[PDB]
S.K.: 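Sending over a structure as structure tokens; questions will come in a sec.
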Amino acid sequence: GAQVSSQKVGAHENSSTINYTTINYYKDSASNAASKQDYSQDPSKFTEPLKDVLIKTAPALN
Amino acid sequence: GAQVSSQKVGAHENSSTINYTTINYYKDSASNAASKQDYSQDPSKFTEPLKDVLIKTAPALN
Amino acid sequence: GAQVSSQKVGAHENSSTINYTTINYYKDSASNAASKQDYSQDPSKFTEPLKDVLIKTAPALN
Amino acid sequence: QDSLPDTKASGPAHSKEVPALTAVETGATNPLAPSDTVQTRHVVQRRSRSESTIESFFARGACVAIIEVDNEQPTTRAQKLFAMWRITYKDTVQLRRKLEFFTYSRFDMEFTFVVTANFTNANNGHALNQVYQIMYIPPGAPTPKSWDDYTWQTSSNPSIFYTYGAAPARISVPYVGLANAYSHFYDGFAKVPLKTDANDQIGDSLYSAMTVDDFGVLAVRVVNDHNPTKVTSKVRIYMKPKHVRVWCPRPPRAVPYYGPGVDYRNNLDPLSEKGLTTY
Amino acid sequence: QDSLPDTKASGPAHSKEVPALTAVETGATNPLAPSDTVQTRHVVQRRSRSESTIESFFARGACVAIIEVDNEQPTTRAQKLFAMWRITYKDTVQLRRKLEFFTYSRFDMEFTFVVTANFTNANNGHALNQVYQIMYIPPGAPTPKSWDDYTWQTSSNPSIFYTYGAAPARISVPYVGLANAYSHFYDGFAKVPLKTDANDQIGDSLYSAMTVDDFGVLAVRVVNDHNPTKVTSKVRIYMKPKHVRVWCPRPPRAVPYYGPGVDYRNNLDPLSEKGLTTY
Amino acid sequence: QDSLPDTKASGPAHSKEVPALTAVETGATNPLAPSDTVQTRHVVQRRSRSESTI
Amino acid sequence: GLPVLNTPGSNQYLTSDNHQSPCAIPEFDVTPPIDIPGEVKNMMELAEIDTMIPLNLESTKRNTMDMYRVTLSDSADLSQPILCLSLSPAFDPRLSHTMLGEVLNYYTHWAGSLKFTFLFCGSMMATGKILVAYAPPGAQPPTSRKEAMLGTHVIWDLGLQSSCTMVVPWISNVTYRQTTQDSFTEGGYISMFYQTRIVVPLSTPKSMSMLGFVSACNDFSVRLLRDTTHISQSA
Amino acid sequence: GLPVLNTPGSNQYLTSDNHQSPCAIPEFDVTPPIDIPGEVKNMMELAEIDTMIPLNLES
Amino acid sequence: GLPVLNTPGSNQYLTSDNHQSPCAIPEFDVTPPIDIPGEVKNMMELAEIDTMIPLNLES
Amino acid sequence: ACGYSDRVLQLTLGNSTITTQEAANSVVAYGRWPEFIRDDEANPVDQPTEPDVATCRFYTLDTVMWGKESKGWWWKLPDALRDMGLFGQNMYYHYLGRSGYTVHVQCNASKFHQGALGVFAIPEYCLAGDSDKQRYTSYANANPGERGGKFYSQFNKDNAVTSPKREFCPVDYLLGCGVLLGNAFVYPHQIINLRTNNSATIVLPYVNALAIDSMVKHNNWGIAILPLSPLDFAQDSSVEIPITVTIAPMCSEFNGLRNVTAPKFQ
Amino acid sequence: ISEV
Amino acid sequence: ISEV
Amino acid sequence: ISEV
Ligand SMILES: CCOC(=O)c1ccc(OCCC2CCN(c3ccc(C)nn3)CC2)cc1
Ligand SMILES: CCOC(=O)c1ccc(OCCC2CCN(c3ccc(C)nn3)CC2)cc1
Ligand SMILES: *C(=O)CCCCCCCCCCCCC
Ligand SMILES: *C(=O)CCCCCCCCCCCCC
Ligand SMILES: *C(=O)CCCCCCCCCCCCC
């Protein structure tokens, strides 16, 4: 049941994809460490809550 | 001889089935941890020990 | 080189063959734990060391 | 998937089906739901009974004993250089009440030992680290008379050697009952008085008690020879049932316990005063 | 791949497209970039927002409590032989401010306990190593009146047994909220005053407060019997939210906190003096 | 599987087979069972000698 | 020697943990299970079984057999309530000690639908119609049948079917209520009234007992195991 | 008993770490998520929203 | 360095346990078995052998 | 079809037949009908005795009278039947014996009478005692046989240390065992509500932690009958109606025959 | 291994 | 195993 | 491995 994934390598030694392994030891998911592979989203719901969302080059108020 | 199963995920991180691994180290089963995947049953033997079990919509005493 | 075998389950949790894993870390077999899967034998060499072993229903001395 | 039954969208009624009516005399409980007596919507149920499984309910280490043992100069009078405790869940009340929700039980038992120590006297110098010996003495085996006598040689009895400061000691015990289940209650006797008996004490017994020594004892000692200054110590025993099965449900103890049987003495007034028509 | 959008080689302009102009009245923010108002080159962007994810932002153990507990001779007056702490992130200000950037949150909680101890008095001899018992008492469960009373038997409450000198104690807690999310702010009351009420205290409540005991308490004690000399100790509690999700953004606290609600008292002048045309 | 031999349902007897009788002079022990000297039922044996291994 | 690094939590003892450990009695020949009747798999099975409610805890009535007996009579004041009670299954005194209330005091939170079944223990010649109700929280607790009418209710008619069940439907703001008292997670009000009155003929007892029973419906669950206030010990 | 050797860093507590640990409340029935509006995934979302500048901080 | 966490029972000595441990005399040339008569595999073999009962324990 | 009912029953065992024209269906304790010890659950190896129709039949115990002051009655099984014909003989001539039972409790009155009897079948019914002394109730006092025992309204402690009664003190609302009566419904039960039914019929399996045990040393089931609602009639303050208990052994089997056990009930 |  |  |  081992989980394997790619590290995002920053400073590369003079030696390419490097991996790390993770295994959960506990039944309760709350006991788990943080995966930290977090997806993002649009600012839109906050930066443009508009019913008619308009194109940046056209007049804001028409 | 490794045992692998799905955790029931409660609070999901912003990253889907997550698993955990279990291995028994000891010969005597008493030494084992608790699996905690416990099946249930009917209240019936206790809530209705009747020889003629009747349908809830029909008169209890006929 | 992992060794896997069935535990003899006594008190069964409300959840079937359960296994345990064993690995030897040392070259010298004296260093090993006890397997405890021990076979048995007849009392015969001790309970009946007779040259003519006779059937329990026939006269012992004929 | 372990979630509970979904709620059904139920509507108005005008029928000859009367589920609201029943007869509890029969011994049964009416299997009703909101949709039988009121209009309901459709609810998709996600809730589950996972924490109330027999295993989850008992899955916790409970304190069942405090064994006090000293390490001091063996003088010539009554001392605690070694101690013995008849193994039981009945010296404490909390786990006792949970296991007693049921008549019969079958499980494996985990024992965890929290050892703590301290200085008795303001100051006679100090002590080097103490090692503790917990020996299980099953019924029949020789009980120690002295803290360093031959029984502690422990050739066949299980013994734990604990070192102060280390993570608490832990071991598992199989289902060791003489029967197919541990009896939490025994409506009987171990002996019966016969007419032909000489005295009437021959056949006399304690009601509801079965074996005299039931499961045996735990003997505790400090393996260390005595320091000048005395060290008093306490072995706290935590008990946890695992791989648990239970039979025949009983009502919970409602009045304070009075010994090992079901006997009551006082505080027989469990309920509060509240008015009939008061919320 | 998680890098940010590349910059576009953009050129001169003479058009009827005016992105530089907008109308913030509408409620929206202009989605502009350098290439809209100036000539830009092509930059291949490697920078990423990996440290500012909701998880990475909270992924750190924060001190939320210092529980002081003593081990000394039980005398007959007010002492600290055991302590209790209502679990909260509000006794401290730092994590409180980060979680309050949002209205609602849902996460699992990790607790790490740093225990430290010392000698109070110049010298009455010394102490053998202390073992600490941290018991979680959920609302409803019996609260201890004495450091060695029956509640510490802990048959069903979670307890930690920590040994001084060992690596700091650590445990995880699931999302335990009564709702689909923890509310960091509650614009309401737990009770409402009705016209028909006898006194006007019946329906009175603390504004913005929900449950009275909200999540319960942590009770702490030294399991060791008292030494001659006294040992004072401090259990430092570190809190870390993991597997975190957050809703509805709020402005950060700009003035010093005054209790659990949003109340302010003083230092209501957060901004510095700087001249309009001064750099 | 390591359980002990099952008990046999054994019945009434009127025969010239006399297992109850023997001669210990020979050096041997009589290999008898309840079913040789009394009427027995069929018991399925689950008991094992696992703790008494050398 | 495998290079390892010890993390926080190393060497602690947590009462709630789930780990393996050495068997103190190796190769013990365990006695096999036999099929015993009455096995339980989940504690909520017990809270689903009907148990008698101590509905009458007045001064001389509490801690006596009369606490289970509510008196009905052909001459009772029809304006008044027969009984009033709060929906707090583990905390309200009348409910707290029932099998239902007793399992709930080992848990911090409850959720689900409850049901109350009432037994007329009068003579066969006695008739009557009764209104039994449940008001979800937030308003004045009902003092009159007129107000009680307005909420969830059953009009029980006494007859060959001796008993009537009222389901208190899970209507709540929070996903789980608490087992202790708290206005924020409060469950509401239960009350009962005569819809007509008890009518007997002559040579018939004019007064009789009503028994009440409570149990949980199949949607009911509980969480966060805890120690009960209902048992203790002195030094 | 697997032969192991403890490295430096063994038994420290680093505030910044990422490790598993025992669950204090086993098998707790967690309340499910509902779809609440206004969810944030990254703090830079907030810094991208226009906010009013205190441009005049004279006495 | 593999991140590990020590459980209760760590560093105890239980008389009843079953574990490996270092061999004090490495590569010792062990004397082979010869087939000796009278081998026992289980103690109940001995309890099955008839033995004389001290039936008369008078003074 | 034809006209059959939940309230009209016939129980026939051996040479005995019971008819009831006003029953409330019937309870099978824990959903298990009585059965014989299976070969794979067997433990004594000797061939058992199975007396069938000569022991598995309806024995009617001495009648008790329910009246306005009646606090409750209790019996233990097999104890209640220790002297019942060939059953008692089989019970005392053998070390081992198992049995299931059909309990039929009888209480009739009139459409104008009133009251409700709680008929309870309890596994391992351990009762509380007399004294300061714990687990001190004597075998003779623990076992009343057919006569049974009674409940009391309060705990009056047996005060005389010198010559102790060594009896039980069963307090009704504490089910005589330290728990509350309202919860006794988790046990196999029926209610004799006088406006609804003359009787209660509970069928009982052998319940125990062993396949078989000593019937002389141990009672498996206890029968508790407590009035949930008091007897009342017309306006006559000293009303009194009979309660008759009829019990039948079921699937009785005996092991370990030898000479007869003669207990001292004195 | 054994995956459930 | 499970490789992402 | 070696499974018996
Ligand atoms: C009859 C009522 O009591 C019980 O049901 C009940 C009470 C105690 C129970 O524990 C099992 C018995 C013993 C058996 C072995 N044991 C051991 C064994 C080895 C060591 C080191 N320490 N303890 C200690 C416990 C099991 C059941
Ligand atoms: C309403 C505002 O407060 C919060 O949002 C908030 C505050 C505190 C939170 O922590 C979760 C509650 C408890 C639940 C259990 N708990 C435990 C449990 C066991 C142990 C040993 N120690 N602590 C301690 C924390 C979670 C959320
Ligand atoms: C999936 O995980 C199968 C591969 C397992 C490889 C061996 C892992 C050894 C450690 C097991 C951890 C058990 C934790 C409870
Ligand atoms: C089945 O378990 C085979 C796979 C084993 C993977 C390696 C496990 C390493 C730990 C072995 C534990 C031995 C415990 C006595
Ligand atoms: C056979 O054993 C091959 C599988 C090995 C799995 C990994 C085991 C990790 C522990 C190795 C122990 C080395 C001991 C000297």
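Letters go in sequence order (proteins before strands), and every chain restarts at 1. We show just part of the entry here, counting contacts only within that part. For ligands, and for the atoms within them, numbers begin at 1 and follow the listed sequence.
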S.K.: Report the name of the drug found at ligand 1, as recorded in the PDB.
M.R.: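 PDB records call it R 77975.
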S.K.: Which chain makes more heavy-atom contacts with R 77975 (ligand 1) than any other chain, name per UniProt?
M.R.: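 With more contacts than any other chain, that's Capsid protein VP1.
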S.K.: Find all other chains that place a heavy atom under 4.0 Å from R 77975 (ligand 1).
M.R.: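 Going by non-hydrogen atoms, D, G.
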S.K.: Which residues of the other chains approach R 77975 (ligand 1) to under 4.0 Å (heavy-atom distance)?
M.R.: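 By heavy-atom distance, that gives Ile87(D), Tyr89(D), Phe111(D), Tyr136(D), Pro158(D), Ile171(D), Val173(D), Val176(D), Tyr182(D), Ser183(D), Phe215(D), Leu218(D), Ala24(G).
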S.K.: What name does the deposit give to chain G?
M.R.: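 The deposit gives the name poliovirus type 3.
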